[PDB]
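Contents of the following structure include actinomycin D.
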Amino acid sequence: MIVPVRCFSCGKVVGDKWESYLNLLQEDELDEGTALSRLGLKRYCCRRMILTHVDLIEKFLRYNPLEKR
Amino acid sequence: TXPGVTXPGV
Amino acid sequence: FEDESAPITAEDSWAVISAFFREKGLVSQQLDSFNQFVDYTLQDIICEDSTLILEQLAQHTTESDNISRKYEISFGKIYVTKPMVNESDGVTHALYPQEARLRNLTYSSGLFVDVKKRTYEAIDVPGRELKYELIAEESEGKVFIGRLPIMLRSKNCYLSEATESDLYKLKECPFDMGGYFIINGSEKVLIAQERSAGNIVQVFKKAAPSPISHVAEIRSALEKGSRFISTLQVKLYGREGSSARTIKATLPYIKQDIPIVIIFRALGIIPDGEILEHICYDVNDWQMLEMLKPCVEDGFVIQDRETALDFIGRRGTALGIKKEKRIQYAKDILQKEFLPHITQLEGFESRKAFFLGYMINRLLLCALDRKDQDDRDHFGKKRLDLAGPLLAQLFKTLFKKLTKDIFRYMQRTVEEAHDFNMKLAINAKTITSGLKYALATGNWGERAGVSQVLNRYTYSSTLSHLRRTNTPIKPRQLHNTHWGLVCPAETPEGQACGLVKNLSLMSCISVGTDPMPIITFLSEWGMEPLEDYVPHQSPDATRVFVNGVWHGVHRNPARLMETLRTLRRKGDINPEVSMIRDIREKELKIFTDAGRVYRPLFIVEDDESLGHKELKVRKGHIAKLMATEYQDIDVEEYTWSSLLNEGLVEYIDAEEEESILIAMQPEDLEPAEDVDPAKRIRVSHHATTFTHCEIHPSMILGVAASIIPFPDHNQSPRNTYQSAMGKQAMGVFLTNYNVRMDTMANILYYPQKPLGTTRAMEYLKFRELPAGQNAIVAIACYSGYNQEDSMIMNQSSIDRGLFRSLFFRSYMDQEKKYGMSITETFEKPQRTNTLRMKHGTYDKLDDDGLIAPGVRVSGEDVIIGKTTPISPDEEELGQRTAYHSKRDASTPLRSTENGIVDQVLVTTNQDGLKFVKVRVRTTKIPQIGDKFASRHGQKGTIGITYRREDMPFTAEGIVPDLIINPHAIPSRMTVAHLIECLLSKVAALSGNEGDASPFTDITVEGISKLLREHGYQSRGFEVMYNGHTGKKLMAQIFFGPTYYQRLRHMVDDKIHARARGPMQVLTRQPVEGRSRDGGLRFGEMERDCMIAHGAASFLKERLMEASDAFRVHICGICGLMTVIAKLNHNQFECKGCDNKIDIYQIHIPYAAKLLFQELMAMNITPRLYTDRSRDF
Amino acid sequence: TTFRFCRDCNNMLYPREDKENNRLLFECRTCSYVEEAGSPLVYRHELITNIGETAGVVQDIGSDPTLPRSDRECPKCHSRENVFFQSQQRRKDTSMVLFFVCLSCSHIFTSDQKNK
DNA sequence: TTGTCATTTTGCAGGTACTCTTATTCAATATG
RNA sequence: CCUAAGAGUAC
DNA sequence: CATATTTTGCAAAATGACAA
Ligand SMILES: [Zn+2]
Ligand SMILES: [Zn+2]
Ligand SMILES: [Zn+2]
Ligand SMILES: [Zn+2]
């Protein structure tokens, strides 16, 4: 849905490394492994936390708000 | 037969 | 690449598959069949018959009015509109699916037909033939005859041309595929119904006890007529050792089995030689002649066509025809009832005689042990009725009912001489109600389970449901012909194992086309007409069949097949048409009917440039397809239809698949002939005569089985278990779940795309809508709390969001007009003037009787407040006065459920009465008893949860999210589980995605080499330390990420206990079900176990005190319970026996009392006596 | 058996005893067409049928792609390439002997050894 | 004063528990 | 509330 | 305008003669 705050197994905070990860993937044309290593995710628990996330919230944001102010 | 698979017979 | 004509590789085929799914989609068969039904079948149903003529004779007592009239009504073109809804105020406006779903409407579109009324008049002159003429009163004027439900995304739906942005605007998920109806706000899907194909001759052996040894039958049926099933059977009487081997045919509406030669003579073939020529096509085949001589010996008694017709009429079951008209009756039987699929007109006796000879030929070939009896399970002999044909036959019946009603109304209004009106004639309620009833309920009439509620638990579950086929009822076995058409391992484990099937990824169903162009092509290219066919002059002639109708013979079948293939490969013939050439049997069969299941295949040609067989597709076509796909994500478009129209790929069904040779992969099987020991063993087949090539073997799997990583490394029952169990996986079923009021919805907090992924799962959108999470799994006998399929889940991981879920439940409530002014009202009931108010608190309800969103609700609390008017001025119950004019009809929350009210929706129903829906949201957090499973059938419940400090840890501080027992591995042989764990570890470390496609060249050795290059033990073992003491574990632990699904079976929805509760009104026993606070069944064999234990008093206590104990009085004279017992006055009296001092009381189950009273009501006296009259 | 038909009305001919010459005489049952008998055989019953195993062979049997190919010696052309298939008699007790058709001469030769 | 042998009709029921959802209750012509 | 139907869990 | 009625597994039991 949206990026998890912490890695499930060890508890490292990874919720602030999603936009940086996307910027590294897009702007710098880095592959996923090097981008993960750059952000400091060395254990594969954190690496699978960030690598396999699906950002479904964008889809949810496409629909018009039900209660619009 | 049986039933199923009366009897036979009856 | 650089070379345009270079051969393709195994990787290039995925581009072809991508193009296929860019054009077809996943539910293409549903939409195609419905579009065929709407575009063409409705018009055919309307035009065929539906010309009501009523001839009102003159009935002239005087010659002044000797005029006979004739009123005729005809139906012209049919117009089907866009879906629209009526309203209580009469305003009609466009209806969209995400309004019908919310308002419980039906997504249907009105049907109109141009009705033309004509009247003819004639002078009723006796003797002179009547001549009818127009009176120039030609009135025509469309009329509304009903509403057809429209499936979503069909050509007549609002979403067919919608873009992604428009779909977002209309509150429709772009991932939603359509192919389902909305009946009363419920999504209904039509399961593809399997049946045996029609107009095919099948010969079956018979058992020893039966007198008939072999039976040849055809299920004759005509598509463009009455659509009635008439079964012709040709039976060979006598066993192998019998001498009187006579062949007899079972004609319809005939009480006896007529001998075949009688039928030949009736059709118009008198001489025996001509009959045998029509039956046996070989003069030298003296065995068939010897076997067939008893038939001519039997029929020697009849030597004339009129005699045979009289014989058939005499055997006719009507028995209401005079002797000279029996001939006509037999003629009618042989014209409109014998082999209808050939023709219904007259003058085609020779064709039917030839077909009968062909049937007898097949029967004799099977009896002579020259061919095996036909396999009933051959999938090429089966047809799948999709939404099109099902709706077509239902609408045919329903419109026949409507037109009969129209004729009856016309007759009634002309006999009563009243005025005629079109609006009073048509009753659109007939069609509308019939279609809505057939789609709303499972039953298909006026079969069961044809239409089912669409499964919306998970995206893959919805996809599998939309591609499901059911076989009405070894048929359960996986047949050889099922290859590439249905999923080899996707079927329920229960009674429906094998009967319920799922389509393969690339399998399609033909929609049926008109065979007239093909017949014209055959006649042009040199097909001999069957009327002037003499078998003797053309012995080696190939019989040409079109849709099971023998149309003639061809003398050069090779050239004919070559030109037919060329025409179909350039699109002149519809590619769905299947053409089969059986060289050994010298037959040519062409099938164009609907329901045939086919799949695409690459085409292999000679390719003289390379001197060896090669695929027609080269690198240039792959490059063009890639360019088109990249442009979609300015050059000429190159789609799947472009490959189809240039003879690159072909559609092959099972019948045509019988006569082809297929190469499994191009790179290994096309070119002519130090190997890796880790790779699996493959063979080259040592043969180069291929006609087609598989696009990819992994396409034999279905939607559910395409999620399995490395399915070829698993035992097949494990794949079946995962196929059945991934439909129960929890994830995101649709992106617009926030605007849908579904009855139940389950959503993961953090769905994750698998680390080990297949190439076929990016066409199923599994990476966009995942239904699981990557958990760090350790396979270890850690604490003994994961034995017998239990699991140990990390409590700290749960605290951080692992497998957490949202659960939505919706309650719907309407107000209904009990009368003219007896309308219900949504309100907050007041204890002062309301009856039957529930014990739940009504406080949370505000003025309108609906809890505002955000308010926490617990079990039994009232969430919808509704009251209904009743008759006032009644006093009873102790606290009932005239003020209690309202009866409470409120809806409380589920007793076992609680949560936050999420949303409430108020609107008007079809009738215009206000109704509401209340969606309540709660959060499910994994706990002891919840069911989780990998993608390899490794189900299990959570045994215990440990915190992070107690779990075993590696030298890097990584602790597992899950611990599973080693003992689950060896017996189940789920090697794919271990391979996928290793691959996921490598993928997580390296940042790539693990390619876990089934039939790739990815070995354990290579994955281990990559893992070792990452600095870990190559086989995935890790040195782990005990959590409690920190000491090293003597055994190293298999450790790594693995994809797990959270299944729908949570313990909190299953726990149930009952001390005492509501009792059944009839038997005074506890009610059934945990939703009703019911009781558990103490069945027969539990009683047997307790008897074996010898505990009699416990059994008595279970059957009497625990369930139902009833004290009843009897008398010693008659054992009946007819004792009037006034307990308060202490007076016992059995009328009839006239005793008052000879009464006993007994304790028996109330069910026993009810049984005795029912026996008494059935004239049986179960007299119960309290003393022995006989010694033991 | 080689059944034959009357040439007057196209009907069956049945065997008939003769007295003047004591010979088999074929007679018609509806037009009294009478003629001699080619052979004394009037009924053959094959308890074990040897024919029908090579049935289905056609002048273009090589066009079938499903039929397996072989390089076995053709004892009329000495050609390698040919098609082969097992016995077409679908009785459960038939042998697994193979038959070969040369695609250049259409001569059927078996792989049997007792016959050879 | 007793065997004979050879076609035509004779009845049916399918494991144990358990969970959930959906639809539907005769339509319509006819008389009070 | 009854009835019917469908889907499913453990054997 | 509203309620009332129009797939599966056989051995026998029974039947029609019958023959002097
Ligand atoms: Zn981590
Ligand atoms: Zn009594
Ligand atoms: Zn003759
Ligand atoms: Zn040869």
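Naming convention: chains lettered A, B, ... in sequence-line order (proteins, then strands); numbering from 1 in each chain. Residues carrying modifications are folded back to their parent amino acid or marked X, and whatever atoms they have beyond that are not scored as contacts. The figures that follow rest on heavy atoms only: side chains count, while hydrogens, waters and symmetry mates do not. A restricted portion of the entry is shown here, and the contact count covers that portion and nothing more. According to its header, the structure was obtained by electron microscopy, 2.5 Å.
Taking every copy into account, the model assigns actinomycin D to chain B.
Most heavy-atom contacts to actinomycin D (chain B): the chain the PDB entry names NTS(non-template strand). Under a 4.5 Å heavy-atom cut-off, the other chains found next to actinomycin D (chain B) are E, G. The deposit refers to DNA chain E as TS(template strand). The PDB entry gives chain B the name Actinomycin D.
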